[PDB]
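Drug bound: clotrimazole. Macromolecule: Cytochrome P-450.
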Amino acid sequence: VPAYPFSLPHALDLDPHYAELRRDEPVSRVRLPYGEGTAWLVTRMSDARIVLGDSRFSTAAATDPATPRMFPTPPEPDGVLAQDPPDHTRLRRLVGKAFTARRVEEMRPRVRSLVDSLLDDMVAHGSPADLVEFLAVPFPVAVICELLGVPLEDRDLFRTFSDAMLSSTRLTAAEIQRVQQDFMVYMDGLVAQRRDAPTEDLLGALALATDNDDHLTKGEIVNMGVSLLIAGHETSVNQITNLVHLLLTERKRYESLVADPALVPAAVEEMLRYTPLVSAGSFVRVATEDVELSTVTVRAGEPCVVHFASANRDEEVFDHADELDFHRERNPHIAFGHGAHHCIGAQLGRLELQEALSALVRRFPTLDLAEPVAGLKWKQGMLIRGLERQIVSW
Ligand code: HEM
Ligand SMILES: Clc1ccccc1C(c1ccccc1)(c1ccccc1)n1ccnc1
C-alpha cells in the first residue's frame, strides 16, 4: 500500500512513521518509486542484522530491472554493493589486504596536518566563514587523494572530477562525460605506473594484494579507486556538516567536547548512530530462501529494504533512543551497515570525523552557527542528507 519514501526529509528529522512501525509493524509492505511489486521495509535492529548479515539474501538479484528501486536507472551489476558472495568475497578479501585498519590509522598524522591547514585558511578569511566551502568539501577529497597517493602536482584536477559529481556542479549537459573519460584515462595510467612500481598507499597495495595466487586486474583496481572516490566524497562531506549541525544547535554538546576533547571519538560514534544520513535505506536485499524475521517470514523472491537510521533508534536496544548521549556505554549502531557489505571506508570515515571535530574543538572553542536554523540550506536529501552551506562564527 504505502509509497515508500513517506516524505522528503526535513533537516535531520525522522519521519514519525518509522517509530510507529518499529512498535506496530516492524516489517511492513511498501511500494518503491520504480521497479515492480512491493518490498519489505525493515525498521528494527534485530531484523536489520538478520537481513544485512545472512547468506540467504542477495544484492545481485536486485540488479534485475523488475526489482523495486529508487532511481529510474537500475544498478550496474559489476558495482561492489550489487556483487554476491563468491565474487564479492574474493573482492573484499583482496582490497581487504590493502584497505587495512593499519593503513587507515597511519593516515592520522597526515590527515590532521590537512585539517589544520584548511582551518588555517578559514582563520585567514576572517570571523564568519562557510564551513562547507572551507572544511567539508575540500577535506574528504584531499584525504582520499592522500590515501590513493595521488601525486602532489595534479590533485586540483582530482578536486574537479570529485566535486564535478556532487549533487550539482557544472550541470553542463551530460559532457560531465568528457570529465569522466579523461580522468578515467588518468587512473588507468596511474594504476599501470604503480603496478610496475608500487608505493606506500592504497594503489601500490591494491597492486600487490594476493590471496593464494589471486590477482587484482588493472581494471579491477581502477573500478575500486573510482568507486571509492565517488562513495567517500559526498557522504563524508555531508556527514561533516551533519555532526557540526548537531553540536551547535544544542551547543552544550559542543561545550562538552571543549571541556573534554577525549570524548570526541565516543561522540562521533553516537552522532553516527543518530544522524539519518542515508535517507531511503540500504541497497535492496532479495531473500533467496525462507528467512524468519521478527514478525513475518520472508520468502524467496521478495525484496527488503533495511532502514539503518530506524534500526539505530530502536528503543529495544538503546536506552534514551532519541537523544544524543555522548556517554552512552553500549552503542551497537549500524550506521556503516553490517554483514558482507559493511562499509569498506568505515575507518577512514571515523578518521575524518575524529580529526575534523577534534581540530574544530582545539582551534575554535568559540565556534557557533552564524545563520538561523530555520533557514538552513538542506540538500534535497532523497539519498544522502547534508547542508549546501554552513556559516559559522568564532
Ligand atoms: C560517513 C561516512 C560513511 C557512512 C555513514 C557510510 C555508510 C555505508 C553503508 C551504510 C554501507 C552499506 C550499504 C548497504 O549495506 O546497503 C556502506 C557501504 C560502502 N561504503 Fe560507505 N559509508 C561511509 C563512508 C565511506 C567512505 C569514506 C567510503 C570510501 C572511501 C565508502 C565506501 C563504501 C563502499 C565501497 C561500500 C560498499 C562495500 C561493499 O558492498 O562491500 N563509504 N557505507
Ligand atoms: Cl551511503 C550509501 C547507502 C546505501 C547504498 C550505497 C551508498 C553509498 C554507496 C557506496 C558504494 C556504492 C554505491 C553507493 C553512496 C554512494 C554515492 C552516493 C550516495 C550513496 N555509500 C557512500 C559511502 N558509503 C556508501
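One-based numbering along the sequence shown. All ligand and atom numbering here is 1-based and tracks the order in the structure. Only heavy atoms go into these numbers, but all of them, side chains included; no hydrogens, no water, no symmetry mates.
Counting all copies, clotrimazole can be found at ligand 2. According to the PDB entry, the source organism of chain A is Streptomyces antibioticus. Defined by non-hydrogen atoms within 4.0 Å, the binding site of clotrimazole (ligand 2) is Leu81, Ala231, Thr235, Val278, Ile384.
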